[PDB]
Amino acid sequence: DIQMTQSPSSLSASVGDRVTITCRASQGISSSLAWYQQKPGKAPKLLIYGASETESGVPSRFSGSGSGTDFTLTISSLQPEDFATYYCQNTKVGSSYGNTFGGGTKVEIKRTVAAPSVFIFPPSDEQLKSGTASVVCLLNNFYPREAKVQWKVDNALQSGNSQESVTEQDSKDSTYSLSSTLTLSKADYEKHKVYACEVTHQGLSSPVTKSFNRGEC
Amino acid sequence: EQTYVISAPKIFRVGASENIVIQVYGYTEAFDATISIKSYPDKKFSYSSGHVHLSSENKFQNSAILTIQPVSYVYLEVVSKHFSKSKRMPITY
Amino acid sequence: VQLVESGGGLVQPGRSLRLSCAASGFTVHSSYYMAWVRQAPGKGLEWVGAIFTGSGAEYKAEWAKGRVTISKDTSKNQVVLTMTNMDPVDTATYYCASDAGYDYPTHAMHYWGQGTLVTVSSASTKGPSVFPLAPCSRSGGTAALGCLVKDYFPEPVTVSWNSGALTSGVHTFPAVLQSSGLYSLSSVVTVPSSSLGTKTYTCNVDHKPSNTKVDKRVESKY
């Protein structure tokens, strides 16, 4: 099947900005390209068909251009309702093509750089009875989204035993929150003393480490 | 340029089956076409209809077998996304 | 034009999925390019395959070939997707989508259904265990408290604080699927550190598939 490459994967923009999103096909498809908008929890909506024709109902600020391999979606004056994920799709039907979607471009609200406030939570004694220990690290109200969380158990770097979860951009202050859960057995938990969450971020000149001793719980 | 060729018998036979050939040139994209026998002159009634696919597999040609059963004329209609073409056909009982 | 999906829900691993799509506002004079599009949680749109309603001509993605069968009905205007040997990887929201027929020149997806969630899992219905999230000590400054909603099937779980009275500073994270096949969700709240002495915080967890309502008081051990 045809490959559709979207650049960038994500962009930060403000209300009133001119936004440019590119789609690149692996082979020539003339004008057979569509653009789609998708909001979280909602079905995708057609914006542009035939590379350059805007669908009725869709505001005139959305405009498509390009022919062959390189395609461009332009939003002239960006509105609060325009913050979503955007997809390109080849519409040329044929055995050698396939109607492949591009990876997507998330349009996010730009704001000032905010450092995360870091919190570490020990596992409860209720969970230890069942035989498993979950250690949770919280990163609260940060911008931008890119943040690295490193688990340290007795000063040893952990890998493959943690799961991350990130919220959507906040409705009020446009910040992200991150929750990371380190999963260990009861027997492995009781072996070790020091449990640390190390956070690196753009709004931090030095890493923030929050830690606890097991015996001091 | 994108062109089409429609082939049909000169006079439509009432009761008997007729073959309608559709050929398209200059197309690389696959699409459907509908071949229909419709009323003269307003096309309010459709007698027989046949949907055909046109792709690289069938070399962008196809046909439909259509018939009319019990008026002096009918419309032969070929419709797709790219074209709409109609021809008035005489009928004999 | 409206498209309605049916036949979604819980599918066992190895079993065959079957989804129906009913179309309204379709004219008999034109043929329609009807597609199936899937989206995994936190992922992009993936085109599964498509069919012309008129001729019955079938088109498929290269990964979908050998597994996917898309069929049609003329009078009913129903398009059926069949996917054999379902796996946890195939867990996605499945969309029925369509073009506008001969009225519009391209095969763009003009119309979209609401979508149906398909979960491929061998797990049984299990109520969640709720655990408090609190620092070692209470500790002037910023304090955070929470609830860990662990080992539940299936989604979703709704978490509220103090019987719905507390809404500010609440972050309920999207769930993560553990290797066991059970879901784990975290819900936290930022609170003034001075209020920790007298003001109490209780999370309210509801899980309708198992009919479990768990309330948990959150306080530091010291």
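Protein chains get the first letters and strands the later ones, always in sequence-line order, with residue 1 at the start of each. What's counted below: heavy atoms across the whole structure, side chains too, no hydrogens, waters or symmetry copies.
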**Student:** Trying to sort this out: of TB31F, SKY59, KD-247, VRC01, REGN3470, which one is at chains A and C?
**Tutor:** SKY59
**Student:** Which macromolecule does SKY59 (chains A and C) make the most contacts with, named the way UniProt names it?
**Tutor:** Complement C5 beta chain
**Student:** Working on a figure here - which residues of chain B make up the epitope of SKY59 (chains A and C) at under 4.5 Å, heavy atoms only?
**Tutor:** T28(B), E29(B), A30(B), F31(B), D32(B), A33(B), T34(B), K38(B), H51(B), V52(B), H53(B), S55(B), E57(B), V79(B), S80(B), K81(B), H82(B)
**Student:** What residues on SKY59 (chains A and C) end up near chain B, say heavy atoms under 4.5 Å?
**Tutor:** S32(A), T91(A), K92(A), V93(A), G94(A), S95(A), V28(C), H29(C), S30(C), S31(C), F52(C), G54(C), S55(C), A57(C), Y59(C), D99(C), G101(C), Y102(C), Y104(C), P105(C), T106(C), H107(C)
